[PDB]
Amino acid sequence: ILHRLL
Amino acid sequence: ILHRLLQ
Amino acid sequence: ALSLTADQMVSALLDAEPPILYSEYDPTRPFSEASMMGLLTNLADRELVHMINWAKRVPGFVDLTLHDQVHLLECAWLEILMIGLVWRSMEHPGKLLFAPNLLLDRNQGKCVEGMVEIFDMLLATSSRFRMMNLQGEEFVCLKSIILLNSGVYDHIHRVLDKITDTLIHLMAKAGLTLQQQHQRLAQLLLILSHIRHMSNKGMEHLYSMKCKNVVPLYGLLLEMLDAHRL
Amino acid sequence: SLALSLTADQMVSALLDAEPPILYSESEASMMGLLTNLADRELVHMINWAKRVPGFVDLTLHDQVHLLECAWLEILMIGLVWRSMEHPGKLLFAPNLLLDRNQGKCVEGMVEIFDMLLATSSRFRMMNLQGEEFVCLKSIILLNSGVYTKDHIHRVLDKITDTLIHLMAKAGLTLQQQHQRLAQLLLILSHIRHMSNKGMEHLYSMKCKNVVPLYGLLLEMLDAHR
Ligand SMILES: C[C@]12CC[C@@H]3c4ccc(O)cc4CC[C@H]3[C@@H]1CC[C@@H]2O
Ligand SMILES: C[C@]12CC[C@@H]3c4ccc(O)cc4CC[C@H]3[C@@H]1CC[C@@H]2O
């Protein structure tokens, strides 16, 4: 998820 | 032990 | 970022500051271990989304690969929440201002098994910031240093050097003597060792709350905790 | 309190003179037995060293105990990282126990800790860390790590900061370079703190799984982190 939100 | 070695 | 002056650095950092969020505190029922951990994790999870946007606005951060950005935020997120909490709490001696509707004292910490020791460490850091008269411009530099530093073990090191220059310029402009500038720089950075410590102890705490099914952890907060492979 | 009346040169001299000796060492269980047998012997020398750090014996017995319980594994690790600086890719636990990264794997969960220690070594090598800097950093760890859990301690810490800056000025750094280097050095202490907390969990885990029996001084310092 973090990779996506970045 | 620490107490003692410190004194 | 490397060509910013100190003054442009401070503006960008102040400009980037995330909002203060509210908790979902409901004063109609007593606290339990589960409901207090629910409030705190709900708050954290909402703050993490704002933290991600804030990081993107930290000069130098968006120059890194997506892999390096992910790693830094995974390493630093809990330190960054804590430093923000300690900053918010500075003008409330003996309390932690998790949110403007959630101001907790150490005895309310006792409601969750093992949290009181962590509240005590946060209260102590907030008292140190007060004793030092930490300024807003210094706090935003320290917060950026945590993001760039905590997971770094050459571009990163240059930006970190630029933030050091910025802290020194702030102190100089405030009228500290040359010797007072280095002494203060050291006192500020040595507090980061303590924030690291509290972050490690907080992560172990959150992991135990999860492993004991005290509170459900979902989504971004779940993934950031799991990144620590405890 | 003549600790606070030392010159920068006299502080460096006192720290150099206080330094502990390098001790020797001798499966998963034999490797852990070696490392903890070494640690436990080093801890006795660390207590002597602390007493020679200017300002430390001015503190109450209680505060002395607290600072050493907090700091001991940081202080062992910063020593290990220093000894290993000139052995890229290896950890010099003792002159006769020089372990490469892959020997980390002989012990469960250990390789990740070896990786962090090797990265710190590498960082010290890339900054060209000097011995005189290293003894200041080690004293800062003793005095700083448990201080928040007091005025005399902050005043001593300030004198050690002055000492680090004096060393950099003497080496010809510009003021901008000295401040930058002092920050780089102090920011490494955050990494050391992280490795100590990871290493304390690991040690506690090896104890629980009866991988290694812990006795005496080492066990009591572990137990202090409860
Ligand atoms: C992670 C914990 C819940 C979330 C808490 C939080 C939540 C919101 C915030 O802005 C700051 C902090 C710091 C302390 C954190 C706690 C430390 C231990 C606990 O598990
Ligand atoms: C505590 C451990 C054993 C003792 C090790 C040691 C032992 C001797 C020393 O001089 C340094 C260190 C640092 C790393 C320590 C280890 C980290 C994890 C392991 O359990």
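Chain letters run A, B, ... following the sequence lines, proteins first, then strands; residues in each count from 1. Both ligands and their constituent atoms are indexed starting at 1 by order of listing. The basis for the numbers below is simple: all heavy atoms, side chains too, and nothing from hydrogens, waters or symmetry mates.
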- Query: At ligand 1, which drug is present?
  - Reply: estradiol
- Query: Which macromolecule does estradiol (ligand 1) make the most contacts with, named the way the PDB entry names it?
  - Reply: Estrogen receptor
- Note the other chains with a heavy atom under 4.0 Å from estradiol (ligand 1), by letter. C
- Item | Nearest-neighbour protein heavy atom for atom 7 (C) of estradiol (ligand 1), which is reported as residue plus atom name and distance | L40(C) O, 3.6 Å
- Message: Please list, in number order, the atoms of estradiol (ligand 1) under 4.0 Å from a heavy atom of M37(C).
- Response: 20 (O)
- Task: Do me a favour and list the nearest non-hydrogen protein atom to atom 6 (C) of estradiol (ligand 1) with residue, atom name and distance?
- Result: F98(C) CE2, 3.9 Å
- Task: Write down the UniProt domain of chain C that holds most residues touching estradiol (ligand 1).
- Result: NR LBD
- Message: Can you confirm, on distance only, whether estradiol (ligand 1) has an N/O atom lying under 3.5 Å from any N/O atom belonging to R88(C)?
- Response: yes
- Could you tell me the residue and atom name of the protein heavy atom closest to atom 18 (C) of estradiol (ligand 1), and the distance to it rounded to 0.1 Å? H205(C) ND1, 3.5 Å
- Message: Any idea which residue and atom the entry shows joined by a covalent bond to estradiol (ligand 1)? Or none?
- Response: none
- Who's closest to atom 17 (C) of estradiol (ligand 1) heavy-atom-wise, of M115(C), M121(C), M82(C)? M82(C)
- Message: Any idea which other ligands or ions come under 4.0 Å from estradiol (ligand 1)?
- Response: none
- Among protein heavy atoms, which sits nearest to atom 15 (C) of estradiol (ligand 1), and what does the distance come to when rounded to 0.1 Å? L78(C) CD1, 4.1 Å
- Query: Which UniProt 17beta-estradiol-binding positions in chain C have any non-hydrogen atom closer than 4.0 Å to estradiol (ligand 1)?
  - Reply: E47(C), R88(C), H205(C)
- Shortest reach to atom 8 (C) of estradiol (ligand 1) by a heavy atom, considering only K210(C), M51(C), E47(C), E79(C): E47(C)
- Query: Do you see a protein non-hydrogen atom under 4.0 Å from atom 2 (C) of estradiol (ligand 1)?
  - Reply: no
- Can you list, by chain and number, the residues with heavy atoms within 4.0 Å of estradiol (ligand 1)? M37(C), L40(C), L43(C), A44(C), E47(C), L81(C), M82(C), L85(C), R88(C), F98(C), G202(C), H205(C), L206(C)
